[PDB]
Chemist: 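I have a structure I would like to understand better, so I am pasting it below and will then ask my questions one at a time.
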There are 4 protein chains.
Amino acid sequence: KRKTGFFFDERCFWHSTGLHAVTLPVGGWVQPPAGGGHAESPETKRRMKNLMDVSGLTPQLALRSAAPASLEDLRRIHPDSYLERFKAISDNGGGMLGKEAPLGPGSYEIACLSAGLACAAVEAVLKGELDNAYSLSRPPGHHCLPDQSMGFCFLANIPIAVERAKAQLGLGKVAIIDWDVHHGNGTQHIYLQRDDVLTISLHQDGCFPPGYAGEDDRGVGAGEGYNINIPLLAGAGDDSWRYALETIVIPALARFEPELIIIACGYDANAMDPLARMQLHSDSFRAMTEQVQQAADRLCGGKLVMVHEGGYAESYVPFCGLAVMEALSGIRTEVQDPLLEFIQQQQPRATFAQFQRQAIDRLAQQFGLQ
Amino acid sequence: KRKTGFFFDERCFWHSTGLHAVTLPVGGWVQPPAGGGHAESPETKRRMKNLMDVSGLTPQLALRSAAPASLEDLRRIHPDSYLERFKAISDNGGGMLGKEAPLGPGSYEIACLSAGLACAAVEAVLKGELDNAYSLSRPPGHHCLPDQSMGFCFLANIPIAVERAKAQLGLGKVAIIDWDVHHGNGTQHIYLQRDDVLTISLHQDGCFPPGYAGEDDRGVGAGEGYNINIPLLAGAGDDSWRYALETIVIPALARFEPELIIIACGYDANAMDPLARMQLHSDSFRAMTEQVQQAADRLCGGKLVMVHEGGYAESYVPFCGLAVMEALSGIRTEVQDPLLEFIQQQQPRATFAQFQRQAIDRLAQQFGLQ
Amino acid sequence: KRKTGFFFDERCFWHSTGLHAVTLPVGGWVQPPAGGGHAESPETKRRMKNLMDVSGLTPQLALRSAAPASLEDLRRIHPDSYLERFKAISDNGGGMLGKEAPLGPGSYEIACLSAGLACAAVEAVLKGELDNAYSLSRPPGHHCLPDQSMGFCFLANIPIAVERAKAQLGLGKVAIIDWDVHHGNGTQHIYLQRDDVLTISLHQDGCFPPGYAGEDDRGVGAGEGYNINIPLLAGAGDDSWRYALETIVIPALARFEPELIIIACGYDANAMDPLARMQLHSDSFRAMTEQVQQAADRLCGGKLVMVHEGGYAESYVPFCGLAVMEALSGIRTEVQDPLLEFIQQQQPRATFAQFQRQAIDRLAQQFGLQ
Amino acid sequence: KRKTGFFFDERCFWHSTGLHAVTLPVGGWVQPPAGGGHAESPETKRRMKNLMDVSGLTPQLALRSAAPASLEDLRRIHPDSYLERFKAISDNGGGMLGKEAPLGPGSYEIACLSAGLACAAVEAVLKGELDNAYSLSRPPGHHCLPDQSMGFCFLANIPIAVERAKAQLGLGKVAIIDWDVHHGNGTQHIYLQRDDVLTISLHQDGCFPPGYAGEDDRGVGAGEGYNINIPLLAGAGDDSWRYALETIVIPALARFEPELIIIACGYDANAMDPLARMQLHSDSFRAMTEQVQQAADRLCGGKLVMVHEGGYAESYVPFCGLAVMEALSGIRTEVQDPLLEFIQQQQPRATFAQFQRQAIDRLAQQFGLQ
Ligand SMILES: O=C(CCCCCCC(=O)Nc1ccccc1)NO
Ligand SMILES: O=C(CCCCCCC(=O)Nc1ccccc1)NO
Ligand SMILES: O=C(CCCCCCC(=O)Nc1ccccc1)NO
Ligand SMILES: O=C(CCCCCCC(=O)Nc1ccccc1)NO
Ligand SMILES: [K+]
Ligand SMILES: [K+]
Ligand SMILES: [K+]
Ligand SMILES: [K+]
Ligand SMILES: [K+]
Ligand SMILES: [K+]
Ligand SMILES: [K+]
Ligand SMILES: [K+]
Ligand SMILES: [Zn+2]
Ligand SMILES: [Zn+2]
Ligand SMILES: [Zn+2]
Ligand SMILES: [Zn+2]
């Protein structure tokens, strides 16, 4: 039906972060790994693209790369002191950009590309050249603060793309919905005092950043009311995430009236993920994509951009990604998710489901949406 | 303080199960993995032993191997038709023992060793040669039915050891507590009609076998009252698992009065596990070990055996295993768990904790323990 | 300069062969591998394509896939009894097609694709739509006999493409030059009695098939004089391989006067290869490509097809492949081979070089070329 | 027959060197590896010990660890400026100790252990507590210069052990025979001016250090005549290496009359090694061990120590190591090398063999041994 862009570049798969045993740095009591290392591996993302190819989906999409984000683009978000230190470490062979921010040689130029893919996806959709678009942006962006890398993120991908669109393409109100299972603390910080961007994060209560829930953080000054955190309970599955979208996110969008919806699209709420404890399956992600595409249809002429964030289940993320691209493009391949029925049977029973529904009801009331 | 046995054999690390992408068999829509493959990898278990060595713990334990379980030992549990088919597949190069039971060449002899390590651990403790013991039994046992492999298990390790002890060492009542995060369906089936073994399983509601909770399954005929299932909510952490032990398991043991406690000790309730959604840390496992050691001290002269089951977080399981061996032996090394404080901060907040406490209270009432 | 085809398909990277420690099957005394497994891994070939992309070469080539080779195409070479057994094993989950021929689920359809890429490359060049072409055909073909898989090969890729071109496109004389470091025993067998195809193999003396040199095997009946084996000494490097091309292969082509040259292009003579003992570098492969392209220019209007075979050095093969594609297309990227100068310094000294030159001189005399 | 020490420590397997694709550092044109990384991996050495265990050999050996080499031990070879910089990099998380010397966190203490295992092996044999001994020393030592790391070596293991034995145990003349396939440039440098140690290196001509042969380097001043380099031709196999031992090494030992023979025992001349081009099999290494054990029996009361160096064929090195330990201890297990007959068939034919024999004859004449 739609003309759907897929923005990606081989170079994004070349970003490295040194030797880790899953998330632990090697040394001391942490033995080096015999096989695969850091959880933020290129394979998480490359396997999704590989499955899109063998499924026959890829040739029916508009495939694109992009020019890297320029220095000027980076500077709408990040000060030079941060950028220079990121680039120095990148240029000297890789190393640490403060605690638990490892990067590799040439990571700077690859992070600029990753942000440039997001910039170009936003631009194509805004200019009406595409109906909607997905950016396979690695490294991710949603934890990055202006002057601090965190949670495997080095540049604030979505804010860079948005700020560029506001400066060059007259973009007005935009909503950012972050269903990566971790809290989008970088996006929240950047837009905390602004009423022209609504930031919504669904996330696992207390997961990352650790110990953060955030429901009382609504924004400050002019931005008060324009930040929504939905801390879902660890263990929640398909029913809970879809109910939260239905009850909180879709009504919030209706009230705000954006001209563009952007999804920070992680898959780490999937049921086999080592970096969170949620129980989503590929049909969960397909249903959430349909819900936000339908909202985009009602509110901003169908303009929807999705930007890849997290997801660390190497065998399972591809099936979730494929589902999203199928829902986005309107094209169904012959692929059947081999774990779907298994994960459907593992879903929380009625007691938990109702408990979580009531917690979501209390949040919607607290946010003035019910 | 204690004389603690550690039973293990290099050959257990040589059991293989063919090519998988985590748990998915390769083929069709599942792309072959570039690095590590099946989640049930030798590294999950070998890294624990490696950390015990470098920590200085190993030389303070009684290290042992064992003779494999004999055919006669296997036949107290398993009929010959199953055993012959397992051995035929093992002897012909590996393959499938029905659906989703892959094994490799020589797996039969390695499964017999794994069960023999459990037999010998039970025997050493029963005969008073050791105070307590741990068996690093791979492949695991707690899903195996008499005539059906399941959940990476090929022989019923703990039942074989128990049935041998009943036949050769006059063992009477024994309690089996299974804190692997999946349901011990094999142990439950084998002892379902018996009052001489109490089987207790704490597990994630609906996880594996998928869609099974089990609270109403209490045993049949003479065995009614002697099976206890505790389906904990996905997402539960340290508070919940320890409260369930305190409120249900310790009182159940006090009522039953065993002569030996055996733990089916998996670590897959750890907070980084891809095969479940629980939030335990190394101190959770240390505290659960202390609770059951203390019960063994009160009830059966300190006689406690632990038998390794699951745990698939390759970087994290070693820290959990070390904690158990430290608590079992009474010796504290200088190792500090580098994720402990991180996972403590991710723990469910009070709302969930109280909800899960009330669910556990309802189970204890239903089981006549409150 | 040229219009160069690059024929490849994502599905070729999905062929698997079960669990191996490099080339050894697991079991018995062979411990399962912790990381990567069979040497014939998709990464050997995928890393070459990945480097072509990041170098900027790929968009300057004519990229294509192909229809799989049909049953009729396969049957010009292979009898049905072989084909049916290959397909049965493929369809039943993978397994063994006799000794040391492991394949995986769906390998049949992927081998048909691999052969179809070669068919299409030959066709495009023959019809004048491309000047020259490379096929990234995996699994490889040059060891496959009509009724027997061997050396990781399941279908005879190049013979299938040639026989199809003879039947459908009026192809006459064709020369096949095989510089994979192992002997092309499948190609040699298929064309042994034919004067319409000249098969030339440069290979490591005695490497694979093991213990075979082959210099006295010249062909039989009408085919006598139309098979040339050049068993080079283990340890030989750039000087030796280029001298053999210069002294034996180029004059043999001049005498035969082909209408098309096909290269069976392996990279396993590279200096870091675990499956042979030769000392070639990326400039060796670039120089050999230039030599055969120049011959094609003199003899058959520039018509040259290259078909990927072997090469198992995962970090080094990409640099060798890139060099070939640069020489084939006439386009030089900015990539500099980081091991080039190192391997140049390891090359055999003058004593060995002259010894090997004299051995090549004796062969050229024996073949009537000097 | 013999009482054979095997000195090893789990901690030696914990030394890491960052992210590499085989030997290439990641970055620039080198894509990060999906699976295993640096060729100098713990698995090369751990798989040998694992096979010794499952073969039943290990319990028949004298197993030992050791105290790390002290600062005083290190300072007999290395100046403080080098040692302090090695330790600073080790203590700060790992990094580079000049070009192509990557090390990891804590590598300093693990290198001191590796050297301490060699010290203790030499001591046990010298004091008559063992007949002979093997040290599984990782990281290796034979390339290390006093003030420069090279070729994966950080401390000069064998020189440290020898210099300590000369200072504390009255050791006189000692011969060091290095059959690692690369040149022992560190040992050669350290003893170049000394007549109390004879250093002999068999190595692949020009391999590592690259472009070095060394036959004319015989020693300087008092040390002239006490260094022997044997640059064997790339491609050489069992016949050549054993003939060189027979014709050059055994007569050189007979002339020098040592009180102790030490072997720098690498396995990287094995026929599947990516880091050299030789064709040895497990029986080659067994025969070389017998030759030097027999010399030790004739010359120095059977006193032989072997110290692990290189070997990077992960599936094959274990079989070669097992063979050495079988020959050293006098105990034959039931293990049969599954590649033995294959590699026997790949061996160079008579033409090459005789050529290499004549080259060895010329060296023996040049060294005054024929
Ligand atoms: O996917 C992400 C990043 C999530 C990071 C979660 C795990 C972080 C971690 O493991 N932290 C840690 C590591 C070592 C020591 C202490 C904390 N964001 O969307
Ligand atoms: O650790 C265990 C075994 C748990 C197994 C859980 C995952 C099983 C799985 O992934 N099942 C599956 C695979 C392919 C297709 C459908 C189901 N028991 O303690
Ligand atoms: O690259 C190839 C295939 C070469 C195969 C060489 C190694 C074969 C092997 O390792 N054989 C073997 C394995 C196990 C036992 C005995 C032989 N052809 O071009
Ligand atoms: O095993 C050893 C060490 C041998 C090292 C051989 C390979 C070195 C290498 O690959 N060098 C290189 C890497 C990158 C760029 C240039 C040279 N010694 O016994
Ligand atoms: K989120
Ligand atoms: K805002
Ligand atoms: K359980
Ligand atoms: K019971
Ligand atoms: K060849
Ligand atoms: K012919
Ligand atoms: K040497
Ligand atoms: K000397
Ligand atoms: Zn995330
Ligand atoms: Zn489990
Ligand atoms: Zn080959
Ligand atoms: Zn070496």
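Every chain is numbered from 1, with letters handed out A, B, ... down the list of sequences. Basis for what follows: all heavy atoms, side chains included, without hydrogens, waters or symmetry-related copies. Ligands are counted one by one from 1 in listed order, and the atoms in each one are counted from 1 as well.
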Chemist: At ligand 2, which of clorsulon, equilin, melatonin, vorinostat, hydroxyflutamide is present?
Modeler: vorinostat
Chemist: Which macromolecule does vorinostat (ligand 2) make the most contacts with, named the way the PDB entry names it?
Modeler: Deacetylase
Chemist: Can you give me the letters of other chains with a heavy atom under 4.0 Å from vorinostat (ligand 2)?
Modeler: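 The heavy-atom check gives A, B.
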Chemist: Got the closest protein heavy atom to atom 18 (N) of vorinostat (ligand 2), with its distance?
Modeler: B:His143 NE2, 2.7 Å
Chemist: Can you tell which part of B:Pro140 has a heavy atom less than 4.0 Å from vorinostat (ligand 2): side chain, backbone, both or neither?
Modeler: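 Neither; no heavy atom under 4.0 Å.
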Chemist: With a cut-off of 4.0 Å, which atoms of vorinostat (ligand 2) are near a heavy atom of B:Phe152?
Modeler: 3 (C), 5 (C)
Chemist: What is the source organism the PDB records for chain B?
Modeler: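 The entry lists the organism as Klebsiella pneumoniae subsp. ozaenae.
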Chemist: Could you see which bit of B:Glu309 sits under 4.0 Å from vorinostat (ligand 2), with heavy atoms only: side chain, backbone, both or neither?
Modeler: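 No part of B:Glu309 is near vorinostat (ligand 2) at this cut-off.
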Chemist: Students should be able to answer this: which protein heavy-atom is nearest to atom 7 (C) of vorinostat (ligand 2), and at what distance?
Modeler: A:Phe342 CZ, 3.8 Å
Chemist: For atom 19 (O) of vorinostat (ligand 2), tell me which residue out of B:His203, B:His142, B:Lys99 has the closest non-hydrogen atom.
Modeler: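 Going through B:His203, B:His142, B:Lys99 one by one, B:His142 has the nearest heavy atom to atom 19 (O) of vorinostat (ligand 2).
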Chemist: Report, in ascending order of atom number, the atoms of vorinostat (ligand 2) lying under 4.0 Å from any heavy atom of B:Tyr312.
Modeler: 1 (O), 2 (C)
Chemist: Under 4.0 Å from a heavy atom of B:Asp268: which atoms of vorinostat (ligand 2) are those, numbered in the order shown and with their elements?
Modeler: 1 (O), 19 (O)
Chemist: A:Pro338 heavy atoms, cut-off 4.0 Å: which vorinostat (ligand 2) atoms fall inside?
Modeler: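 Near A:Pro338, meaning under 4.0 Å from one of its heavy atoms, vorinostat (ligand 2) has 15 (C), 16 (C).
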Chemist: Closest non-hydrogen protein atom to atom 14 (C) of vorinostat (ligand 2), residue and atom name please, with distance?
Modeler: B:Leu24 CD2, 3.6 Å
Chemist: Can any other ligand or ion be found under 4.0 Å from vorinostat (ligand 2)?
Modeler: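 By number and name, ligand 14 (zinc ion).
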Chemist: Closer than 4.0 Å to some heavy atom of B:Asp180 - which atoms of vorinostat (ligand 2) meet that?
Modeler: 19 (O)
Chemist: For vorinostat (ligand 2), is any non-hydrogen atom under 4.0 Å from A:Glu341's backbone (N, CA, C, O), its side chain (CB onward), both, or neither?
Modeler: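 Neither; nothing of A:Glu341 gets under 4.0 Å from vorinostat (ligand 2).
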Chemist: Quick one: which vorinostat (ligand 2) atoms are inside 4.0 Å of a heavy atom on B:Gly151?
Modeler: 3 (C)
Chemist: Can you tell me which residue and heavy atom of the protein come closest to atom 6 (C) of vorinostat (ligand 2), and the distance to 0.1 Å?
Modeler: B:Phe208 CD1, 4.0 Å
Chemist: Checking a contact table here: which protein heavy atom is nearest atom 9 (C) of vorinostat (ligand 2), and how many Å away?
Modeler: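 Looking at atom 9 (C) of vorinostat (ligand 2), the protein heavy atom closest to it is B:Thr23 OG1, 3.7 Å.
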Chemist: Around vorinostat (ligand 2), which residues have heavy atoms within 4.0 Å?
Modeler: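 The site of vorinostat (ligand 2), heavy atoms only, is A:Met272, A:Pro338, A:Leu339, A:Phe342, B:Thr23, B:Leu24, B:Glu100, B:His142, B:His143, B:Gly151, B:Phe152, B:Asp180, B:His182, B:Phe208, B:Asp268, B:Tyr312.
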Chemist: Could you go through vorinostat (ligand 2) and list every pair where one of its N or O atoms sits under 3.5 Å from a protein N or O, giving the atom names and the distance to one decimal?
Modeler:
{"residue": "vorinostat (ligand 2)", "atom": "1 (O)", "partner": "B:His182", "partner atom": "ND1", "Å": "3.2"}
{"residue": "vorinostat (ligand 2)", "atom": "1 (O)", "partner": "B:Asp268", "partner atom": "OD2", "Å": "3.3"}
{"residue": "vorinostat (ligand 2)", "atom": "1 (O)", "partner": "B:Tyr312", "partner atom": "OH", "Å": "2.4"}
{"residue": "vorinostat (ligand 2)", "atom": "10 (O)", "partner": "B:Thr23", "partner atom": "OG1", "Å": "2.6"}
{"residue": "vorinostat (ligand 2)", "atom": "18 (N)", "partner": "B:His143", "partner atom": "NE2", "Å": "2.7"}
{"residue": "vorinostat (ligand 2)", "atom": "18 (N)", "partner": "B:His182", "partner atom": "ND1", "Å": "3.2"}
{"residue": "vorinostat (ligand 2)", "atom": "19 (O)", "partner": "B:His142", "partner atom": "NE2", "Å": "2.7"}
{"residue": "vorinostat (ligand 2)", "atom": "19 (O)", "partner": "B:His143", "partner atom": "NE2", "Å": "3.2"}
{"residue": "vorinostat (ligand 2)", "atom": "19 (O)", "partner": "B:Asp180", "partner atom": "OD1", "Å": "2.9"}
{"residue": "vorinostat (ligand 2)", "atom": "19 (O)", "partner": "B:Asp180", "partner atom": "OD2", "Å": "3.0"}
{"residue": "vorinostat (ligand 2)", "atom": "19 (O)", "partner": "B:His182", "partner atom": "ND1", "Å": "3.1"}

